[PDB]
Each structure stands twice: as C-alpha cells, then as structure tokens.
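In what follows, a structure is listed as structure tokens, so that the remarks can point back to it.
In what follows, every chain begins at residue 1, and chains take the letters A, B, ... in the order their sequences are listed. Atoms within a ligand are numbered from 1 in the order they appear, just like the ligands themselves. Computation of the quantities below employed the complete heavy-atom set of this structure, encompassing side-chain atoms and omitting hydrogens, waters and symmetry-equivalent molecules.
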Amino acid sequence: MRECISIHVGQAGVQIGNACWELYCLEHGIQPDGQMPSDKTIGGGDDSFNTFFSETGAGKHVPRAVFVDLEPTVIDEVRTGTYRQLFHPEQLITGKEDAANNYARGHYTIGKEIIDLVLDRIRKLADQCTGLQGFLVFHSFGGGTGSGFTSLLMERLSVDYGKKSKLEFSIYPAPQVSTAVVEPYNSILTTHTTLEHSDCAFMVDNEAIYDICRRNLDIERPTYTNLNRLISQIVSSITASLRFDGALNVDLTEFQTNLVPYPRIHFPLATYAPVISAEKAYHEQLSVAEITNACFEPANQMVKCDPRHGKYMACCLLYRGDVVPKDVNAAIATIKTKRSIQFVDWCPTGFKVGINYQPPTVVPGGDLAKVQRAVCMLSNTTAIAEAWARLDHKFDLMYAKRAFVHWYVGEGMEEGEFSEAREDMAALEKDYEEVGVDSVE
Amino acid sequence: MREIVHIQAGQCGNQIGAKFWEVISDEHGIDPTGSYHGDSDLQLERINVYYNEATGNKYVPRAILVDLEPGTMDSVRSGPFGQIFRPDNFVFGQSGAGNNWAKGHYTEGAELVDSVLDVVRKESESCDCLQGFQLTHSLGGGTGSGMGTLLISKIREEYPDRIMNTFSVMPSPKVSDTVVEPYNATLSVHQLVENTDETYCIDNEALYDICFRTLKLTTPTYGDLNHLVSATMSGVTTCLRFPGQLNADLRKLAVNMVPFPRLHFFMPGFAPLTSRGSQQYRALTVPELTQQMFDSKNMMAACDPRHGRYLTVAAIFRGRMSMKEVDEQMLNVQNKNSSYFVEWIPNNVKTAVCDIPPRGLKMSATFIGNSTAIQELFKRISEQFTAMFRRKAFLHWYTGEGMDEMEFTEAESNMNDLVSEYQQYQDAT
Amino acid sequence: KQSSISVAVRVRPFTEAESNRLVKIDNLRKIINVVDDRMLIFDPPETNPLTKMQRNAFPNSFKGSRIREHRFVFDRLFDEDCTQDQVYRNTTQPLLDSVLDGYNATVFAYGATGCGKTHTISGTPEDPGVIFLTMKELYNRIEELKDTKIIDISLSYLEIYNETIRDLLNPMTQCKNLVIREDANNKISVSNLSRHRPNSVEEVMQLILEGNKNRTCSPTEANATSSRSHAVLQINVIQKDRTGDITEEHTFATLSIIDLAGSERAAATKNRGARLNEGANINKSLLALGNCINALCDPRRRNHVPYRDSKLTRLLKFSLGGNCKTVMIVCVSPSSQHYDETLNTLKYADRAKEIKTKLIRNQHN
Ligand SMILES: CC(=O)O[C@H]1C(=O)[C@@]2(C)[C@H]([C@H](OC(=O)c3ccccc3)[C@]3(O)C[C@H](OC(=O)[C@H](O)[C@@H](NC(=O)c4ccccc4)c4ccccc4)C(C)=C1C3(C)C)[C@]1(OC(C)=O)CO[C@@H]1C[C@@H]2O
Ligand SMILES: Nc1nc2c(ncn2[C@@H]2O[C@H](COP(=O)(O)OP(=O)(O)OP(=O)(O)O)[C@@H](O)[C@H]2O)c(=O)[nH]1
Ligand SMILES: Nc1nc2c(ncn2[C@@H]2O[C@H](COP(=O)(O)OP(=O)(O)O)[C@@H](O)[C@H]2O)c(=O)[nH]1
Ligand SMILES: Nc1ncnc2c1ncn2[C@@H]1O[C@H](COP(=O)(O)OP(=O)(O)O)[C@@H](O)[C@H]1O
Ligand SMILES: [Mg+2]
Ligand SMILES: [Mg+2]
C-alpha cells in the first residue's frame, strides 16, 4: 500500500543499489531468483512487504528500482550476475557512450535521448504504485552521469510528480581524496541545478567511511563493497519504518519536515554508530546510551567535517532492535548536558526519535557483527558550510585559469553559467552564516 | 559498444602494431587462426572493441595497415599472427617516401590516401558506435609522418566528434636515425597539435634505458621496445573492454588530463618492470607499483618530470586491489612531491581501477602524465630545425615537392608558441 | 603613443511578443536603465513594487534575489530608440577617418544570441547597417579627393564556421586550401582569398550582398535568421600621390568589420543536433577570445596570450597585438528573461575596456 521508487544513477549509484537490494532480499527472505520460500511454511504470509517489491501471480518479487549509468559495463555486470533473474530486464543503458566526468554531456548532450525512456519507465513503475510516497535517488557528485543526468532527472520529476518527496543519497567529494580533477565543477553545477528540486540530501564521504572501516572494523584494505554495505545499512535504517512494526514509526515525509528548517539548507549528514567487528562485538555491552554517544563522536561521522566547528540545527535518531524508549530518553538527556554539543537558539527542541523492533541483518560475507540493537543518525549542522567553502575555493583556483572549461562549452554550455552557479553557492554559504547566529530582541 | 579503429603507418607503426595485436590476441584468447580458445568468459563480452566476427567464430582485427614500402607488409604477413589480418586492409604503394615529409604528405601519400580512407570508411561505418581512432606511427620518417598526419587530418574532417589517439615515436636527444629528422618532426607536430585529442610521446632512448637499467636486458631489440609500448597501449583502453570498480574510457582521460586544448602531449609509463631474477625478491603491492610508476627513470619519453611541473597525471590500475590504498598513495605522492604539481589544480591525479589484470600478473598499473617538462622535447627540435633552416640545409628536397617556406615558418612558430604556453603554465601561481 | 580599445554598448528594442507581455505586466521587466551616455545600471532597484513591499519588512534575513544592482561605465551607450546613423557616427566614422589618414582600424560586434549584431553591422535593405554607411562615405570622400590622390580599395570577405575558413566571395574553394600561416614577421596572411577590386558603390554593395548570401544561417528558435559563423570583412585602402614625386609618403591601411556569432545559453535553449554542435564551436571560439582578453589585461600573463586556441583569435591577433584602433559594439537584450547572459556580455565588456595598444602611421616606398 505504501511504496517508494529507488533510482540508481551512475556507477556509484548502481553499486550502492547492488548492496542495498542484496540487503533487502536477505531482510525479506527473497532468493536471488525472486522467489520467496517462506510461502512453503506460511502460505499467503507477508514477509516480503510491497514497499519495495511488486508481486506477480507466479510468486516472483520484482524490486521497484530503476538503474541508469550511460555506460553498459556496470549494468552488464548485473545482467550476468547472481541477481540477473531478480530485476526486471528494463535496466536502462544509453551506454553508446558515457559522460566522461562532464556535467554538460550527462545533462545537455547525451543526457538527452535517454531521459524520455527513463521517465517512461518511472511512470510505468509508479502507475503500479497505489500510494507512492517518494523517490530515493542514489548518485554521486563529481561524475558526469551522477551529476548532470541526476540534475536533469530531478528537474523532470519535479514537474511530472510535483509535491512528491525526493530524498537523495549522494557521495560528496572528499576534502583530500579524489579520483578526478574536475570534481569541483561537476559538484558546484549539480548543487546549483539541484537545490530547487530536492527535499533532503543525505550526504556521505568515502574518506570518512575509509577511516571508520580502518578504526572500528579493523579492515586495513577496504574496497567499495564495504562502503556500499555501510550505506546499505543506513538506507535500511531509514526505510525500516515502512516495512516492520515499531514503537515509534517515521514516514518519508517526516524527515524533510524535521531536518530542513529553511528550503535551501537541506543537507544533513548521516552516520551509523555500532560499526564493529565480530571480535570486538564481545567485550562491550552495546547499550542504547553507548551507541547514542557513539553517534555524536566526530570520529564516527561519515562526512569529513567536525560538528564542533558549528551548531546543530536538527537531529533524527532511528533506533532498531531491542531498544526501550526510557533508555533513548535518558541517552538524549545525557547528550543535551554536553557543552561540546551546541544547538542553535532558534531550535530548543532539536531531537526526533524513531524506534523499530526489527534488528539489522548479518549480510553473510560482510564485516559487521550481529548486534541486537543499532542506531542511525541524520544530523543537520552548520559545519557543512566548511565542506562547501573548500569546494568553492577549489572551483575558483581552476576557474581563474579557465582550466578544463573548454570541455564544457564544447558540449553546449555557456561560460557565464559557471559564474552563475558559483554565485548561487556564495549565497548558500551566506545563508548558513545567517542561520547559525544567536538571535536578539 | 565502444569500438576503436586502429591505423598503422610506416615501418615503426607496423612493427608496434604487430606486437600489439600479438598482445591483444593473447589477452582475449584469440589464436593465430582467428578462432577463440581462451578460458574466461569475460574475454568475449567486449571482443567487439578491437575485433569483428567473420564466419566460424573467427575474429578479425579492426586494423588498417599502411605503408609505402612493400617489405613491411610481407614481414607482417609472414609473422606468427599475419593470417588473422584481413587481406584487403593491406594498403601499400611501391616506392617509399624517401624519409621526406613532403613526399609522404603531398606527392606519394596523396596518391594512396584514397584507398586507405575507403578502408577506414568501410571499417568505421560497420560499428554500432565508434569511440574513436588510434594511430601508431613515427616522427622523423617519411611515410609514417606524412601519411599519418594526412590521414589524421582527413579523418578529423570526416569524424570531428570522435577521439584521435596518436602513439608516436619522437626523435631522440643524443643519436638520430635520419639526417632530416627535425623537418619531419616539426611539420608532424604542427599537424598533430591541430588535429589530435591526445598524443602519447615515446622516445627510443628512454626505452633503451628502461630495458638496460630496469629489465637488465643487454640486447634489447625492437621486439622488446614494441613489447613495452604494446603493454602501454593495452593499459590505456583496459577499462573499455573489462569490468572494474571505477571505469575510465578514452574520453574521460582526455577530459581529465587536457586542461587546455593544445596541451595534449603525454608521457607514458608502465609498472611493474623487473628483471627475470629480481622478481622473486620483490613483493608486488600497490605501494611498490606506485613507487615504480612515478619514478622519473620509468618514463618512456626521455623527458625528466623533475625539470617541470605535472599539469595532470592519470593512473590506470589492473587487478584485485583496495580503493583505500590507491587513494592514499595518490594523495601521498602529491603531498610529498608538492613542488612537482601545479597548485592551481587542487587534485592532479585521475584514478581508474580494472578488475582483470594481465594474463601472467596479479597486479599492474599504467601511467599517463601531462607535464611542462615535455617542452624540453619541442625546444630541442626547434633549435635543430632553425640550425638547418637558417642555411636551407635540405630545403630543396621539400620545395621541389611543391612545399612553400611559409609552411616551415608556420610550423616553427606554432611549436614555439606551444613551448611558450608550457613555460607559462610551469611558472604560474 | 597609446590607444585604448573603445567599447560602445547597444540595447536592442523589445520584440512584439515581449513588448506585449512586458507592457501588460507593467500596466517581465526592463533590466537595463540607461541613465547617461557613458553610464548604465544593470538590474536597477525599485523597479518591482512587490519586491519593494516584501523587502521593506524583510530585514536581510535571506536573499532570494539580487541585493545590489551593478553599475557599468563605457565609452558610449545606445538605448532602444537609437537608429543606425547614430551608431555609425559615434562608433566607426572616426575609424574610417583614421584608415584614410594611415592608421589601421577594426570594429567588431559581440553579445548574446538575438541581440542585434547582424542588424548593427549588415542591417536590412530598409535599414542599412555599418558596412553600407561606411562604404558609401568612403566612396563619397574618394570622389572628394579625386584629382588630388589616387585611392585603391581591395576587398576581402570570409567566414569562420566550425573552425573552417570559407571565402564568401568565391564559393567552391575548399576549406582545406584556406589555411592561416604566420610568416617570419608574424603576419597573418590567410591563403587563397579572392582580394576583389571594386571601383564604385554599386559594385562594392553588390559584392557584399553576394557575400552575405553565402553565409551559413538557419533558424535556432532564438531568431529565425541566426548567424552560425564569424564573418570578417577587410578593406585595404591604399593612397598614392598624383605629383609623380613618389616618396615614402605613400600610405596604406586596413579597415576590418567583424560580426561574431552569439553565445548560446545551455540552461535556456532548445537547439539539438547540428545546431547545438555549431553553438558549441561558437562558444569555444568566444571562450578563446575571452582568454585572449584576460591575458592582454593582466600584466602577469604577458608571456603568452593564447591566440592559437581558435582561428577567430588568430585573425583578431593583429587588432589587439599592435598598430590598430579597436571598437567593440556590445549588443544586449534588456529583459529579465535574458538576465544571465546579458550580465556576462556586460562583465566581459568591462574587462575589455582595459586593453591598450600602440599606433604607428604606415609608410611605403
Ligand atoms: C614470473 C612470470 O610469469 O614471468 C613474467 C616476468 O618474468 C616479468 C619479469 C615480465 C616478462 O617480460 C619481459 O621479459 C619483457 C621483456 C621486454 C619488454 C617487456 C617485458 C614476461 O616476458 C612477460 C609476461 O607478461 C605477460 O604475460 C603479460 O600478460 C603481458 N603479455 C605480453 O606482453 C605478451 C607478449 C607476447 C605474447 C603474448 C602476450 C601483458 C602486459 C600488459 C598488457 C597485456 C599483456 C610475464 C607475466 C612474465 C614473462 C613471460 C617472463 C615483465 O613483463 C610485463 C611487461 O609484464 C617484465 O617485467 C614484468 C614483470 C614480470 O615479473
Ligand atoms: N561509496 C562508493 N563510491 C563510489 C562507488 N563507485 C564509484 N564511487 C565514487 O563515484 C565518484 C565518481 O562517480 P563515477 O564513478 O564516475 O560514476 P558516474 O557518476 O556515473 O560518472 P560517469 O561514469 O562518468 O558517468 C568517485 O569519486 C568514486 O569514488 C562505490 O561503489 N561506492
Ligand atoms: N619503436 C620502434 N621504432 C622504430 C622501429 N623501426 C623504426 N623505428 C623508428 O622509426 C624511425 C624511422 O622511420 P621509418 O618508419 O623507418 O620511416 P618510413 O619507413 O619511411 O616510414 C626511426 O627514428 C626509428 O627509431 C621499431 O621496430 N620500433
Ligand atoms: N536596434 C534594432 N532595431 C530593430 N530591430 C532589431 C534591432 N536589433 C535587433 N533587431 C531585430 O532582431 C532580429 C534578429 O537579430 P540579429 O541581428 O539577426 O541577431 P544576431 O545579433 O544574433 O545576429 C532582426 O530581425 C532584427 O529586426
Ligand atoms: Mg560510469
Ligand atoms: Mg547573426
């Protein structure tokens, strides 16, 4: 009855989606071929909820997902993988050529000739949805497709569906680590064209997750599989309230209401506290208070910033498993007494709490321990302003020389648009500076 | 399905191409008969990038073999893999260009370019989507220089929106193999800057130095130089035909590495390279791969990066490895060697990772650098050029073929402008 | 001896549709307030009463819009109601006086698409532009100087299209045979141009009309007749004395008139395919020109000016390098719908006011 449509854009989006749908299938008992063997014990039962999986007459469960990367390699890895029989064959490739880390290509030149097909498939998938809530868009700043085509898709979805929630899971560029030299241009242009259309953008950083895996999980050499598994756990924590019973439910429209004070500052950070190996799962209690304290440690944040350099505007704590509301109350009360954790005066409330009975799954072949309770946190802070400013400085250092700019104007873009984007980014910075100021009367 | 059309011009281009088709055919499990006998199923799923299917699961290279001396074509035919090439793609004349750029560009090459372009059009229009062309040739020789530049110009006219990939052997600093090397090299560079997206500069003395110093070879024939170059050419397009954690096609490399349109002359490298005996003493890991990869002594262009600044480098890894190691190493190299990277590009390293290593290796890496030190190449040629052009040392062999002195002057001016631009971006803040 | 590059700005009038919408809304907004011949205000304040009422009770809590106008100063400004003669008298007549004195000169048009560059330079049969007036006055002054000096005109007219040169007065000449070659003294010397020799107003205007007929032009939804090429007209005027005592006082000069294709915005355009490719090439050429402007303005970049990034900048090298008086006509559209592009066309123009060159009178024989 409830449902949401996941959209995976680019290589990062597709691989995160692979992790996410592996986790979902394990959570609901779906086999890789789409069959649910739990029907052999409880015929007609509901272990696979139709928030994500559409059921056919034969008993096959089809995920409500759309995959796009403008390149055949990543999707072809799915079509010949272990989950080839799960997804509908309409996994979309306009890969006659990729975007080449170019915003213009994935938005103006090659982003067209696929957009109509993608929106047609999204329309077909939504027409089966009796009570669609919103879209979960997975992409990455810095790529060609993930920036440009995601901006175009968000622009078209804002017209086709209007006041429908559009949550984004985006890979922010790291302060130091990067795999391309044109990440600032793509990120700035994406943000400029995306601010007016998204409702809430959950942000993670690969460098921070590398640090988390190194310190907490004792993985010296993590690949993207570990990062995608952690992001999958976070997404599962966010969407658990639509699927399983709980003491306190959270709908998809609740996140934007609670985490977004003003329209232009909808950039919360995400973190997942009980990241621990099986060996270190012993020797600790992993109580509600300890995990909630771990949520607020700067070391455990998944965006390379420090909340201590700013003020908390909003916080949303989603609990899973053997969690009692009294313990959550005591933990948040303990957090509110810390002088190192500041909140803006215009928000004396701060916290939202959700509680769910379903604990997380083990994902065999993974690295996380089987903890019997867990917490995800979504925190909107002003410290993210720093993470913006660095990009802006980087942008300037290139744009003063017009480095790599000809690749963008060679695909239909006008030079002045660069400046216009940067200016919109300046205003955004100022907005943060105006938001985190003590009021007077 | 991205597809590449491969053009071979001159003796040097043809030998490099023969070795390269040997390497690629071994990579995809294609035998000298054109039939498949490999093991992995990933070898066929992107065979279309370089091969066409003919009848009996026979795979024919999408190669075009060009020369003006018939001997090279007979040498290619009688080689181990001479029987896989399409017989109609052997386009060749009778008399060579005479180590004369004008003969191969205006007089002799002009009479044979039409057949080559007919074959190019036949091969290019038989693809679902052409990614681009790649040409292997040499500067400092008649047929390679002249025909390669003429073909590049005409293909650019016909196909302005596709990638052009020139793997070229430049004149060497100490010893030359032609008396009139500076004229051909200057005119070739003048034609290359205006009609190519990326040029991979190779120098024979750098390859000799690598073979003697690193591989401990005492008789490095041209087969070994072709081996090294062929490994580089395979490394460049690895992500086009195999899956990986982080892909990168030719256009992405061109976008990330060419900050300004005319600065597209690159310095390649390959790792690991060890002697047959010293392999057992070395642990093959990413920290060692990147250490060898960024070494000044491993570059293939005989131009020291340490005399300039890197505008942008690209590293393409192959094999199962962690992303954290690659990111940390490409950050540590920049942090430790910050004086050798331009400070107005915040991140000078492009990274790509492919999951399928070469056949006998567990790990490999390909370097493609773009640095201002490449000016030391052009400057040298320019000096030699003017030393011959002041006295008109050999001009009557070129003006006798219909060339004007204005072409020489324009080529010299263009190369000097390129040198000036490189010097500007070296000394900047 | 120094000479600065003068910048004149022209504001085109509203189209019929835009005029209707703006007039109804005012009863859409004019965003360029021409307050003086040398001074305009871009997006002036107090021209939107709803914004005034909202900001009067919104003390800078958030921006949501522009906070402060832009103030621009140029050599001369032309409003919507200007005619062709006023532009001609104050933009290029001194340049013709200079070319007939012995100093090279150029006038070139820049701006966004649909701003009135071809109208300013070429015009229409019922409203001639700069070229018609300039040639008419040139030949009139020739008739004035008859029996005192011998004046010879050599006319050349080419276009840059997709980084290829075409001779507008001699079609069927292949693009491969038109190449730019710098000699030992850095003279441009485009190869294989017609170099026609008119001797009357009727001949020169017929020749120029035949040239204009061969320009590449197609609809692009910004205007039904959009130029897709950079058109360059060169007029070499050579003056000899009739005394017979021929000395170094023989003179020769060049008047250049250049119409540039317009910048196409990406966020607000519907041009897909070959039109978009042409716009991409035009944008590349204009970016190269902008790089040349920035390099010439900055003392720190004097080691290298990227003239060779495009053929347009190479043909414009002579103007900015030395020995030429330069006029830039910057065309703008005064509407909020074109807020973004216009700003850039103003901002670039501002930088272009800082270029200075050295002029030397030409002598021959
Ligand atoms: C221990 C072992 O198995 O022997 C190795 C070997 O000893 C070393 C020294 C090999 C060896 O290479 C050389 O001896 C050599 C000689 C001249 C020029 C270049 C190399 C080797 O020949 C090369 C050969 O490499 C391959 O098979 C790659 O897949 C390579 N193949 C070809 O080039 C090829 C040549 C002819 C016919 C078919 C394929 C390749 C590299 C990059 C991209 C695609 C393919 C390997 C593993 C070895 C030997 C056999 C000794 C090295 O080769 C490369 C380029 O990978 C040289 O340093 C490396 C590291 C290896 O340890
Ligand atoms: N966390 C995570 N990040 C990834 C993964 N794959 C790619 N990325 C990141 O994605 C960023 C760039 O995006 P791309 O890999 O180029 O994908 P894209 O957005 O489709 O760009 P194009 O391939 O050019 O179309 C890089 O900074 C990578 O670190 C992944 O599996 N997990
Ligand atoms: N790497 C490599 N270079 C070669 C080879 N043969 C010739 N060369 C180089 O090519 C140049 C000679 O040009 P060449 O191709 O023989 O002239 P052409 O036959 O008229 O085209 C010299 O500078 C050589 O160093 C080869 O087999 N391998
Ligand atoms: N000052 C002006 N007066 C009257 N019409 C004008 C003026 N400027 C532009 N126009 C109109 O704009 C239309 C298209 O302008 P055009 O000059 O072709 O654009 P571009 O400058 O891009 O070539 C013409 O039909 C012309 O009538
Ligand atoms: Mg991709
Ligand atoms: Mg026009």
Looking at ligand 1, what drug do we find there?
Taxol
By the naming in the PDB entry, what macromolecule does Taxol touch most in this deposit?
Tubulin beta-2B chain
Using a heavy-atom cut-off of 4.0 Å, enumerate the other chains touching Taxol.
B
Need the Taxol atom indices (1-based, order shown) with element for anything under 4.0 Å from a heavy-atom of B/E27.
44 (C)
Under a 4.0 angstrom heavy-atom cut-off, which atoms of Taxol come close to B/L361?
56 (O)
By number and element, which atoms of Taxol are closer than 4.0 Å to a non-hydrogen atom of B/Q279?
1 (C), 7 (O), 62 (O)
Do protein heavy atoms approach atom 18 (C) of Taxol to less than 4.0 Å?
yes
Residue part near Taxol, for B/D26, under 4.0 Å between non-hydrogen atoms
side chain
Could you help me out with the residues around Taxol? Anything with a heavy atom closer than 4.0 Å counts.
B/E22, B/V23, B/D26, B/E27, B/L215, B/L217, B/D224, B/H227, B/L228, B/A231, B/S234, B/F270, B/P272, B/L273, B/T274, B/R276, B/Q279, B/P358, B/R359, B/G360, B/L361
